[PDB]
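The model presented next includes Lu AF82422.
Proteins get letters first, then strands, A, B, ... in listed order; numbering begins at 1 in each. The way this entry was determined, per its header, is X-ray crystallography, 2.2 Å. Side-chain atoms are counted along with the backbone in the values below, which use heavy atoms only and exclude waters and symmetry mates.
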Amino acid sequence: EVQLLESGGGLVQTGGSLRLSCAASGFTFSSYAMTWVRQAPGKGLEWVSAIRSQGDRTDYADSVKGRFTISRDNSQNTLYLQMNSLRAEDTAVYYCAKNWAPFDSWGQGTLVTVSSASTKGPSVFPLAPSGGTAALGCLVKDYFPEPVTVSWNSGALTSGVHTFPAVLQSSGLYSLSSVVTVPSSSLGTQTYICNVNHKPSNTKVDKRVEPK
Amino acid sequence: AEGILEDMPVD
Amino acid sequence: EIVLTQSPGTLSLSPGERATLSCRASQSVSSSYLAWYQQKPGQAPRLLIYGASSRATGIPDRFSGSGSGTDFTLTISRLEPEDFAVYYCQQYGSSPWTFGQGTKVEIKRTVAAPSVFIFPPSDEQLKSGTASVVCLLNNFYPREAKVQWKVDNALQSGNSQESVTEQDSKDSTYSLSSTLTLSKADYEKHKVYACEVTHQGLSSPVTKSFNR
Ligand SMILES: [Zn+2]
Ligand SMILES: [Zn+2]
Ligand SMILES: [Zn+2]
């Protein structure tokens, strides 16, 4: 089983540094060039950097030349990306990929946010319920950086659930809602709890939402 | 496989 | 640099129809070194075609690719439900490697009118000194929808934000969340809060409201 697994993303101050690693298994690492592709939120794919099988030759996109160094340890089956003088344009999900081109195996991505803003954990506010359908939810408000995680009833309830893409408020902070529609008459015979997790700030919240 | 560039050449 | 121009931006088709996606290059692509990827929300990209026309491993034979020089085509002969994603082309004929801007393929289905719900600010949020009013449009199609906020019957402008889920895998609809933001002070000065939804499944705009 081929696996690529990035590590090392998170919030970074503008002009700061970060190193990413990508652990590989399931193929003979020392036979392939390895690659870093990135994707800004809501945007397309950008090739970032590539390194020869033996660590022998490196190449870069012009936007990162002189600030990013790609490297690899073939004793450790690990690919690295050292990132200096980071700017907001560098904010993206960073993917590890196999081959010089094209890319058959990709990692899961790691999110790198480049900003001056501090980390802020969200507040979680209940959206209470009053066709015959009711709707309830949670407002996960004023957090930074992305992402947050929402499940309902520790993952048991999934159907009728809608978790929305966060919005960037003009304050610089994110807000998202997650809702569930349920039959009105289930309101007295079910407990509804949203499980919110914001790993950047180590925040975890379970809020029961109650009828009015 | 033709059309897969598994590796970069030496330069 | 080789610029890749994908078209159409968005393609909307009922399942079983033929999808045709175009990729044009600003320079000729050496050796027909052109790849096609599929990318679903929150997932890494997936290789479909390499060398302009060769299918990757485990790719159903309804994906086919053709072209050379500057004009390339990805054909999906019968659109299956698992096919509705973003499609990127990528050239590796000359450095640096570049991707096109992507084509969104959505599934067309019959019109479905939203059901609409409005949530007052939670008391918890009012204690902390802000006020968010939330309006929900549930399982509608097509995507296009006009959501308008009224406060004591005055049309709001510029103080709301909205977000849309991806197309639901069971009934192919969208849902929408709109958040109206106002100060706690102004919220407690007004009585009627209304969410006015316009959608082609509705014979005329629908309004949900509550009195503070
Ligand atoms: Zn729904
Ligand atoms: Zn199928
Ligand atoms: Zn007022």
Item to check | Place of Lu AF82422 in the structure | outcome: chains A and C
Checklist entry - Which chain forms the largest contact interface with Lu AF82422 (chains A and C) when counted as heavy-atom pairs under 4.5 Å, and how does the PDB entry name it? => result Alpha-synuclein 110-120
Next on the checklist: Out of the chains of Lu AF82422 (chains A and C), which one has the most heavy-atom pairs under 4.5 Å with chain B, do you think?
Outcome noted: chain A
Item to check | Epitope residues on chain B for Lu AF82422 (chains A and C) at 4.5 Å, non-hydrogen atoms | outcome: B:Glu2, B:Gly3, B:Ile4, B:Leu5, B:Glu6, B:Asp7, B:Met8, B:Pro9, B:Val10, B:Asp11
Item to check | By chain and number: residues of Lu AF82422 (chains A and C) under 4.5 Å from chain B, heavy atoms | outcome: A:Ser31, A:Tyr32, A:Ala33, A:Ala50, A:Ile51, A:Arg52, A:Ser53, A:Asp56, A:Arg57, A:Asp59, A:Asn99, A:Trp100, A:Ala101, A:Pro102, C:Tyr33, C:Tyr50, C:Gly51, C:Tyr92, C:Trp97
Item to check | PDB entry label for chain A | outcome: Lu AF82422 Fab heavy chain
Checklist entry - Name given in the entry to chain C? => result Lu AF82422 Fab light chain
